[PDB]
Amino acid sequence: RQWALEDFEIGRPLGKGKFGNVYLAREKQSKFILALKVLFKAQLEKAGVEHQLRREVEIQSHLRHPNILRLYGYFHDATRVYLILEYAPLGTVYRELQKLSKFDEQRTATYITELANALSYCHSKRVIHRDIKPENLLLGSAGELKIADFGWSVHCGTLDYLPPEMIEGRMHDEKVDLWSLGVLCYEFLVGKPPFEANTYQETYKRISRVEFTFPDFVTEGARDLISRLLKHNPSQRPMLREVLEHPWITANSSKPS
Ligand SMILES: Cc1cc(Nc2cc(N3CCN(C)CC3)nc(Sc3ccc(NC(=O)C4CC4)cc3)n2)[nH]n1
């Protein structure tokens, strides 16, 4: 049962990226509302990411979780590749941060729990994620967080969300994901990521040194969690279990494990 472009009514543009456009779309026969990402073969090849996309699509299709954006299917015609994706109505966590400036501790701990649950599920499937950016986190109709990128591995670019071992030219494993949780926890609470700078060169130095401070309003429990996640040595970061069992998380999160 192969899909073609004619099987979908195309709606308004959802996002405009470097590689292609994402549209709201509705499959004609079922009236199923979904997102359609359109990519040009010529452009993926010229950047040498066609294969990379194929591997990430294949990994994605194996993933089934309420907090991971679902890939339903794919197809392609003469010049274009089409990804058929779950439509998340409430948009990105990035836009929500822009509207709200920063999040309270309850929203933040809920998002972290949801992230850690999705990542726990991924780890048990030997799936590692690369850096997790807010722009790549979507919100479902009940405001549930959805990991929406395709940055998965089975064992550049802005630096803000990358761990030291990835920038220094070192060996990286599942502990990258816990650094990611650290950066996001901080950004949710503060309104910018902990190593933000005006230049790449300086962001590099800040991440490599783990050079960041907290504003005064950050509570002791949040401080404790972020500091444990942001360890330079990957093997010193806690496990996802320990994140989900952290007192600051358990005291503030609206959602369980
Ligand atoms: C793919 C997708 C996108 C959506 N939903 C939305 C919804 C949205 N909104 C824009 C702002 N209004 C106020 C709310 C809805 N804005 C974007 S902007 C956007 C577009 C694409 C991606 N991500 C991807 O395409 C992933 C596959 C790599 C992230 C954000 N995406 N559901 N599914």
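Following the PDB entry, chain A residues are numbered 126-280, 290-391, in order. Every number for a ligand or one of its atoms is a count from 1 in the order of the listing. Computed over heavy atoms, backbone and side chain alike; hydrogens, waters and symmetry mates excluded.
The option from tozasertib, macitentan, simvastatin acid, ricolinostat that is found at ligand 1 is tozasertib. Contacts with tozasertib (ligand 1) are greatest for the chain named in UniProt as Aurora kinase A.
At a heavy-atom distance under 4.0 Å, no atom of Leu208 approaches tozasertib (ligand 1). Counting protein heavy atoms only, atom 14 (C) of tozasertib (ligand 1) is closest to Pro214 O, 3.6 Å.
Protein non-hydrogen atoms do reach within 4.0 Å of atom 9 (N) of tozasertib (ligand 1).
Counting protein heavy atoms only, atom 31 (N) of tozasertib (ligand 1) is closest to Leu263 CD2, 3.8 Å. Of all protein heavy atoms, the one lying nearest to atom 16 (N) of tozasertib (ligand 1) is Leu139 O, 3.9 Å. Applying the 4.0 Å criterion to heavy atoms of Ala273 picks out, from tozasertib (ligand 1), the atoms 26 (C), 27 (C), 28 (C). Some N or O of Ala213 is nearer than 3.5 Å to an N or O of tozasertib (ligand 1), by distance alone. The UniProt domain of chain A holding most contacts with tozasertib (ligand 1) is Protein kinase. Remark: tozasertib (ligand 1) atoms within the under-4.0 Å shell around heavy atoms of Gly216 are 7 (C), 8 (C), 9 (N), 15 (C). The entry names the source of chain A as Homo sapiens.
Residue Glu211 has at least one N or O atom closer than 3.5 Å to an N or O atom of tozasertib (ligand 1). Atom 25 (O) of tozasertib (ligand 1) has its closest protein heavy atom at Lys162 CE, 3.2 Å. Between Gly142 and tozasertib (ligand 1) there is no heavy-atom distance shorter than 4.0 Å. Checking atom 22 (C) of tozasertib (ligand 1) against the protein gives no heavy-atom contact under 4.0 Å.
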